[PDB]
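Looking at a structure with paromomycin today.
Just so it is clear: chains get the letters A, B, ... in the order the sequence lines come, proteins before strands, and each one is counted from 1. Both counts, for ligands and for their atoms, begin at 1 and track the order of listing. Displayed portion only: the contact tally does not extend beyond what is shown.
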Amino acid sequence: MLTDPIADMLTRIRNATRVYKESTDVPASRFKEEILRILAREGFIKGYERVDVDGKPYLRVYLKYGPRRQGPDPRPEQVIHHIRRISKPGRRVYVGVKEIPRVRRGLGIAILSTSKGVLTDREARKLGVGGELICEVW
Amino acid sequence: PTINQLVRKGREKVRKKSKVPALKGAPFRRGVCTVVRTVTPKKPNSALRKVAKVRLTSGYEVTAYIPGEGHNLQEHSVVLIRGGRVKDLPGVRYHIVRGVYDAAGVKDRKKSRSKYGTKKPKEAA
RNA sequence: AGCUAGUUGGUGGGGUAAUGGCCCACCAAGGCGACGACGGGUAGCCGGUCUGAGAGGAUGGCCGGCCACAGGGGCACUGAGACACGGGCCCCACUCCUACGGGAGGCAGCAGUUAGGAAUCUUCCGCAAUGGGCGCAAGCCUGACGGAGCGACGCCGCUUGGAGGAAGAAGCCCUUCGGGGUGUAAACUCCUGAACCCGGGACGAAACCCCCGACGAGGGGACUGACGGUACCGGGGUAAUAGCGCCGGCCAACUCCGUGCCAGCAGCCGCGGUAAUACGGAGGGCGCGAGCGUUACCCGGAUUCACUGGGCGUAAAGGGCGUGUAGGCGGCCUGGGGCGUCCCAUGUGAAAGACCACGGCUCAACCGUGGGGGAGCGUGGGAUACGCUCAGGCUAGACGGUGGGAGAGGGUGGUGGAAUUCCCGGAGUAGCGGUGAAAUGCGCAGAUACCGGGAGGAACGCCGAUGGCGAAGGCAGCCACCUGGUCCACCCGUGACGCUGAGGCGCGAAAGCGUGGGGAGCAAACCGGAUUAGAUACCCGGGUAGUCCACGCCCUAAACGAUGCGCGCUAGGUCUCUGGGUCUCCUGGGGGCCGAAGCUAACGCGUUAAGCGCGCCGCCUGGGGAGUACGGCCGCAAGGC
RNA sequence: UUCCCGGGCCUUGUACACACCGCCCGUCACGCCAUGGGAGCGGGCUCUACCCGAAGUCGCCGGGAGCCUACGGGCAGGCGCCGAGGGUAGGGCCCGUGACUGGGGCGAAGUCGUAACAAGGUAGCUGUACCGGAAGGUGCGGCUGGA
RNA sequence: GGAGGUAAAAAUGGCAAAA
Ligand SMILES: NC[C@@H]1O[C@H](O[C@H]2[C@@H](O)[C@H](O[C@@H]3[C@@H](O)[C@H](N)C[C@H](N)[C@H]3O[C@H]3O[C@H](CO)[C@@H](O)[C@H](O)[C@H]3N)O[C@@H]2CO)[C@H](N)[C@@H](O)[C@@H]1O
Ligand SMILES: [Mg+2]
Ligand SMILES: [Mg+2]
Ligand SMILES: [Mg+2]
Ligand SMILES: [Mg+2]
Ligand SMILES: [Mg+2]
Ligand SMILES: [Mg+2]
Ligand SMILES: [Mg+2]
Ligand SMILES: [Mg+2]
Ligand SMILES: [Mg+2]
Ligand SMILES: [Mg+2]
Ligand SMILES: [Mg+2]
Ligand SMILES: [Mg+2]
Ligand SMILES: [Mg+2]
Ligand SMILES: [Mg+2]
Ligand SMILES: [Mg+2]
Ligand SMILES: [Mg+2]
Ligand SMILES: [Mg+2]
Ligand SMILES: [Mg+2]
Ligand SMILES: [Mg+2]
Ligand SMILES: [Mg+2]
Ligand SMILES: [Mg+2]
Ligand SMILES: [Mg+2]
Ligand SMILES: [Mg+2]
Ligand SMILES: [Mg+2]
Ligand SMILES: [Mg+2]
Ligand SMILES: [Mg+2]
Ligand SMILES: [Mg+2]
Ligand SMILES: [Mg+2]
Ligand SMILES: [Mg+2]
Ligand SMILES: [Mg+2]
Ligand SMILES: [Mg+2]
Ligand SMILES: [Mg+2]
Ligand SMILES: [Mg+2]
Ligand SMILES: [Mg+2]
Ligand SMILES: [Mg+2]
Ligand SMILES: [Mg+2]
Ligand SMILES: [Mg+2]
Ligand SMILES: [Mg+2]
Ligand SMILES: [Mg+2]
Ligand SMILES: [Mg+2]
Ligand SMILES: [Mg+2]
Ligand SMILES: [Mg+2]
Ligand SMILES: [Mg+2]
Ligand SMILES: [Mg+2]
Ligand SMILES: [Mg+2]
Ligand SMILES: [Mg+2]
Ligand SMILES: [Mg+2]
Ligand SMILES: [Mg+2]
Ligand SMILES: [Mg+2]
Ligand SMILES: [Mg+2]
Ligand SMILES: [Mg+2]
Ligand SMILES: [Mg+2]
Ligand SMILES: [Mg+2]
Ligand SMILES: [Mg+2]
Ligand SMILES: [Mg+2]
Ligand SMILES: [Mg+2]
Ligand SMILES: [Mg+2]
């Protein structure tokens, strides 16, 4: 019934990164499409496009990985090591500008929905808005 | 559990229990002796530890351990209760301080005199 | 788990400074409660204090703000203000004085007593300061305060010397006696100088008062210090208290003797019963020092209540299963609002404390100044991505339609055969059943084994499976009726109707209970016969309730996949059950095995997850006592929750 | 090579590991402690109804009867409602106590048996029902935590 | 050749203890 279409989408990517699939089709909504826009700016994916499946619109996201390591277990390093939704529907999370986490001591990214659109921890600290902390990626 | 169950049932605190019922947890409690005897230990040991049932000022009546070597406890001696239990003695959960009451301190004690209530001797050393 | 008589509302009065059932008459019959009323227990609340990385947990002692009491209880008077600590009236308890009839008193103010207790001080000096009451003032009162005294109660500062000094005295300890340790430690030699003696000696004090100016501004002058001759300053001058805990591991520091599961140690694991670094002593060492330990309490460690930050297959933990109320949560698109949410400003967030600077006591403790921000809440303005709400719309969720498909799904009625037992007829003999082996038992009163006929109850072989069905318990001969759930195809209609689910509600194997019917086989209890030391058991022969039917109860379990339900996602290989197809093969559901990635402590799971995520409910927090006892509800009882 | 005694390899099961000369369960006897039931007795708080009810505010009277400086007024005084508190009676909670009794926990080596763990010598556990000194046994049904 | 699958026996071992 898709209780949380955003957190489900974040796991549609996590189930693909662990098997190194070329792409994954997730359902379409403009709010989650806006999350993919930020995901392509910082460089976690190669992009996405509005595809059509059985007459319904989906989002074919082109994943990104690392180089083939040498030695045992030649699986490449993940570009996306950890990703999970913070503001779950059963527990809403709302923060200001002062209450913004240092995601992976700045090496990571904290995506959040604000009144001036959906932005990340850097530009939301620059604009000074804050809001619903959606997820953390590193 | 879920978040919604936490705002309904909530977390329960531990609320520990005092091992010493010394009436508000006072550090010491005066009591008068009624019996002075010995009690056999638990299964891994064997000795004759000197004990005494005491009738404190709270109206109860408990057993206390006598430490050291030799004492002066009778059927009518006043004594002070310390606290702390003895593992090899069942029902004994209190200790007897020595030195200032009718219970004297261990005489001919040389190392630990703060405990066992022995005063400082002066024999040119 | 239900509470409510001024209880809830109205009208009019009384009363108050003032609204109000605060109080009174009449009327209406309402008000509160799982968002926990009512009752019980406990407690003054806060700024802050302690801890903790933080979130939090605990606490409310000194100082400050608010409330409430003045032996217990009520009541008013006065007054701007009291239901009044050192004011008044009355009752109770207590103390005291009486000429006995009726009077006096109220330390939870400062000191001090008694009693309780582990334990808490001076019946001190002064109004000089500051503050308060009165007074024009002079001034008076002030156990507010300023100070002093007691107490290692806490924090801070200081002393018990300093420099030399033996290849290393004596004593004492250990020794494989050769030596090693105390140990520069001492003695001894220089130097400095706590305490003490002498002199000097304050800051806190400047006003109120007076004079000139109009008793104003402004200027000038005088008086006063409890602490106290105290701090401090100058001169002189003495080598001048060290103690407590520990020394198996955690935990830093080891040798000897004594003792022999005795004495004893102990916070946990544990040491001691003949050679103990764990007991006792001695030497030595480690830790700290006017202190060191112990006991009691709080936080930590404890991510062992897990929001930050835990779990439920087997360790404690998934409700027996379902239906569903409240609740929590909710698909895609576009507008309106701006409640959550975010930002800016403004107000508040007292002071002290805390944080950071600079200063004053010769340093610090203590103290003065200054700065910096919290979180919250009120107001004004803005933003609208997300949650929320209103409106339009959509189809992938969910439901329905058309047409098929399987199945031990359920209830009622009828029915078929085989077999056991009993009765009857025939025929037929000396033994049959039974065991590991025997015996009880049955049998010449004609048994077992065979044929024929009849009655009556229960269960349905082969099909039958590692199979199917239901939500669970569970369901198997056949027929027919009544009836539920489910799957596929077509993608036709509705259009977010959805998921979970505290309580409630219904189902709930076997055993058991009530009333009646039934009773062939089997079979608790029970009685025999063997076994055995004994047999209340296993083995054998009998055998009643029960097992069976109708109705009503009981509500348990290894009620198990020891795995809650719904949805999305992540390689396949293979067996089978059942739909559909351009039936090679593809595709939908259902039961199984092996297994990618992954998870788990391992066993193991692995699109029938214990994987990766989200919504909701139940449940766990060491073992025993114990699913026990009391209380509540249910039941006819056993008993259940 | 079926059986007794000892031994080797593989495997299975295990609650044993100073290791089956192992472990362990229950009743009985003794000692101590806490707790429940118990003829009841005692105490504390609290609730309801009634009787009496001081001080005092408020409300009438103030008259056949008092005092008053202005009197179709005031004070004293009388009455009434409320009332602290005392009593009488009945309940609700909590606490202490009680002969005796039920089960429980603890206490180095007492008695009786063999239940479980090896197919523990009757596979074990289990809900229920009945019996038995006791672990336990058995009946019906279920589980694999057994073949 | 995949299942159904074989018991006559026989109780007990005082407590506590090593690098
Ligand atoms: N401990 C839990 C319970 O103990 C009960 O058992 C208790 C008694 O039955 C048992 O008694 C045993 C006895 O079985 C055995 N045959 C003899 C043994 N000496 C006794 O032991 C008891 O008594 C002696 C003195 O007599 C005490 O020193 C000893 O500590 C104690 N265990 O000792 C136990 C108490 O320690 C039951 N097993 C059961 O209720 C449950 O297991
Ligand atoms: Mg940083
Ligand atoms: Mg109190
Ligand atoms: Mg912590
Ligand atoms: Mg008093
Ligand atoms: Mg007074
Ligand atoms: Mg005293
Ligand atoms: Mg003054
Ligand atoms: Mg003054
Ligand atoms: Mg020497
Ligand atoms: Mg001065
Ligand atoms: Mg000097
Ligand atoms: Mg060490
Ligand atoms: Mg020795
Ligand atoms: Mg030693
Ligand atoms: Mg020693
Ligand atoms: Mg020690
Ligand atoms: Mg914690
Ligand atoms: Mg703690
Ligand atoms: Mg948590
Ligand atoms: Mg855990
Ligand atoms: Mg278990
Ligand atoms: Mg378990
Ligand atoms: Mg279940
Ligand atoms: Mg369960
Ligand atoms: Mg939504
Ligand atoms: Mg708003
Ligand atoms: Mg402040
Ligand atoms: Mg709509
Ligand atoms: Mg259509
Ligand atoms: Mg449901
Ligand atoms: Mg039933
Ligand atoms: Mg039945
Ligand atoms: Mg019956
Ligand atoms: Mg029979
Ligand atoms: Mg025998
Ligand atoms: Mg039989
Ligand atoms: Mg099962
Ligand atoms: Mg399948
Ligand atoms: Mg597998
Ligand atoms: Mg559930
Ligand atoms: Mg039960
Ligand atoms: Mg060989
Ligand atoms: Mg073997
Ligand atoms: Mg044995
Ligand atoms: Mg007149
Ligand atoms: Mg008049
Ligand atoms: Mg009683
Ligand atoms: Mg009693
Ligand atoms: Mg008793
Ligand atoms: Mg004994
Ligand atoms: Mg058995
Ligand atoms: Mg056995
Ligand atoms: Mg057995
Ligand atoms: Mg049974
Ligand atoms: Mg029997
Ligand atoms: Mg025996
Ligand atoms: Mg021993």
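Taking every instance into account, the structure holds paromomycin at ligand 1. The macromolecule with the greatest number of heavy-atom pairs within 4.5 Å of paromomycin is, in the PDB entry, named 16S rRNA. Every other chain with a heavy atom under 4.0 Å from paromomycin is listed here: D.
At a heavy-atom cut-off of 4.0 Å, the residues contacting paromomycin are D:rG26, D:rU27, D:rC28, D:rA29, D:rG105, D:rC106, D:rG107, D:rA108, D:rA109, D:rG110, D:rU111. The PDB records the source of RNA chain D as Thermus thermophilus HB8.
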